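Figure: brinzolamide in its bound pose on Carbonic anhydrase 2.
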Amino acid sequence: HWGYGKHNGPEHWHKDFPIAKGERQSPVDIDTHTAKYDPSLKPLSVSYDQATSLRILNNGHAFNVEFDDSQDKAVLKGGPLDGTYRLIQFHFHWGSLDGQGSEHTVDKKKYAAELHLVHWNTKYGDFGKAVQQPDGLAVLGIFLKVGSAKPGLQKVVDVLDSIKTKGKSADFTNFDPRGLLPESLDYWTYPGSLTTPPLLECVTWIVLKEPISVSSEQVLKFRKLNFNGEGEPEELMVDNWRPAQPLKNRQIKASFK
Ligand SMILES: CCN[C@H]1CN(CCCOC)S(=O)(=O)c2sc(S(N)(=O)=O)cc21
Ligand SMILES: [Zn+2]
């Protein structure tokens, strides 16, 4: 089974999933000097005032927080999109030192971690049907750096010792995602895919320019988790990111001058 080690990491994935060498793969490096400003784009519209969270889980690859998507309650629209996209889950990727951790890079620079918020297009009915189409998903990414603490992240870090190993879950209600966003909403955008297998080419990426700050005691807690199951040898959950792939066919656009 796939993973991030010496014998089953990124350089091996193509043997079971051939699309790994396709024409619109992610992540990539963003060169700020080549990107072109586009004056016809529209501002982003984020409406999370009615969100209902349910549970938190460790899946062997990272940890995820889930929401109830049976009605329009937390949605994303505008920007380069046409239509309405509904929120289903969020997760993170990080490193073993403060100098590495993120998947996307800026003029060759790497940050300590990267946060991903996932949404699907309502015209298709539900989630499973949407991942099989070219314009099915929309993912919003935000960078993390080490400095002062972020108040709204604390409730997540205090529950981690109850889901240490693979297969564990716990109740997690009334959490508000508006507390993890920066001041400004200016961005970059291009067409791509998922960053872990099955690697399907169904995503419209939207990456924010301004990062958020967290303390060293907070990211320390992330590194104490495990990749293995209860009653098995200990392997620490660190360095779970895929590196930069070829641009080829595409061009990147910016909403700011
Ligand atoms: C471990 C498998 N992770 C996949 C599969 N997915 C199904 C998980 C059930 O949750 C609904 S997913 O479509 O949600 C999604 S989004 C991304 S990313 N890193 O944002 O590009 C990876 C994935
Ligand atoms: Zn991700």
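Chain A residue numbers are taken from the PDB entry; in order, the displayed residues are 4-125, 127-261. Atoms within a ligand are numbered from 1 in the order they appear, just like the ligands themselves. Only this structure's heavy atoms are used, side chains among them; waters, hydrogens and symmetry mates stay out.
Taking every instance into account, the structure holds brinzolamide at ligand 1. Applying a heavy-atom cut-off of 4.0 Å to brinzolamide picks out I91, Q92, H94, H96, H119, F131, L198, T199, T200, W209. Of the protein's non-hydrogen atoms, the one nearest atom 12 (S) of brinzolamide is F131 CZ, 4.1 Å. Taking every non-hydrogen atom of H119 and a distance limit under 4.0 Å, the qualifying atoms of brinzolamide come out as 19 (N), 20 (O). The Zn(2+)-binding residues of chain A named by UniProt that have a heavy atom under 4.0 Å from brinzolamide are exactly: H94, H96, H119. Shortest contact from atom 15 (C) of brinzolamide to any protein heavy atom: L198 CD2, 4.0 Å. For atom 5 (C) of brinzolamide, the protein comes within 4.0 Å by no heavy atom at all.
Counting only heavy atoms of the protein, atom 19 (N) of brinzolamide lies nearest to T199 OG1, 3.0 Å. As stated in the entry, the source of chain A is Homo sapiens. Other ligands and ions under 4.0 Å from brinzolamide: ligand 2 (zinc ion). Each of the atoms 10 (O), 14 (O) of brinzolamide lies under 4.0 Å from some heavy atom of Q92. The nearest protein heavy atom to atom 9 (C) of brinzolamide is not closer than 4.0 Å. A heavy atom under 4.0 Å from brinzolamide is present in the following residues that UniProt lists as binding substrate in chain A: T199, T200. Among the UniProt active-site residues of chain A, the one closest to brinzolamide by heavy-atom distance, rounded to 1 Å, is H64, 5 Å.
For brinzolamide, the UniProt domain of chain A with the most contacting residues is Alpha-carbonic anhydrase.
In this structure, atom 21 (O) of brinzolamide is in close contact with the protein, since a protein heavy atom lies within 4.0 Å of it. Ligand-side atoms of brinzolamide in range of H94: 19 (N), 20 (O), range being under 4.0 angstrom from any heavy atom. Among all protein heavy atoms, the one lying closest to atom 2 (C) of brinzolamide is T200 OG1, 3.5 Å. Residue-to-ligand polar distances keep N62 apart from brinzolamide: every N/O pair is separated by 3.5 Å or more.
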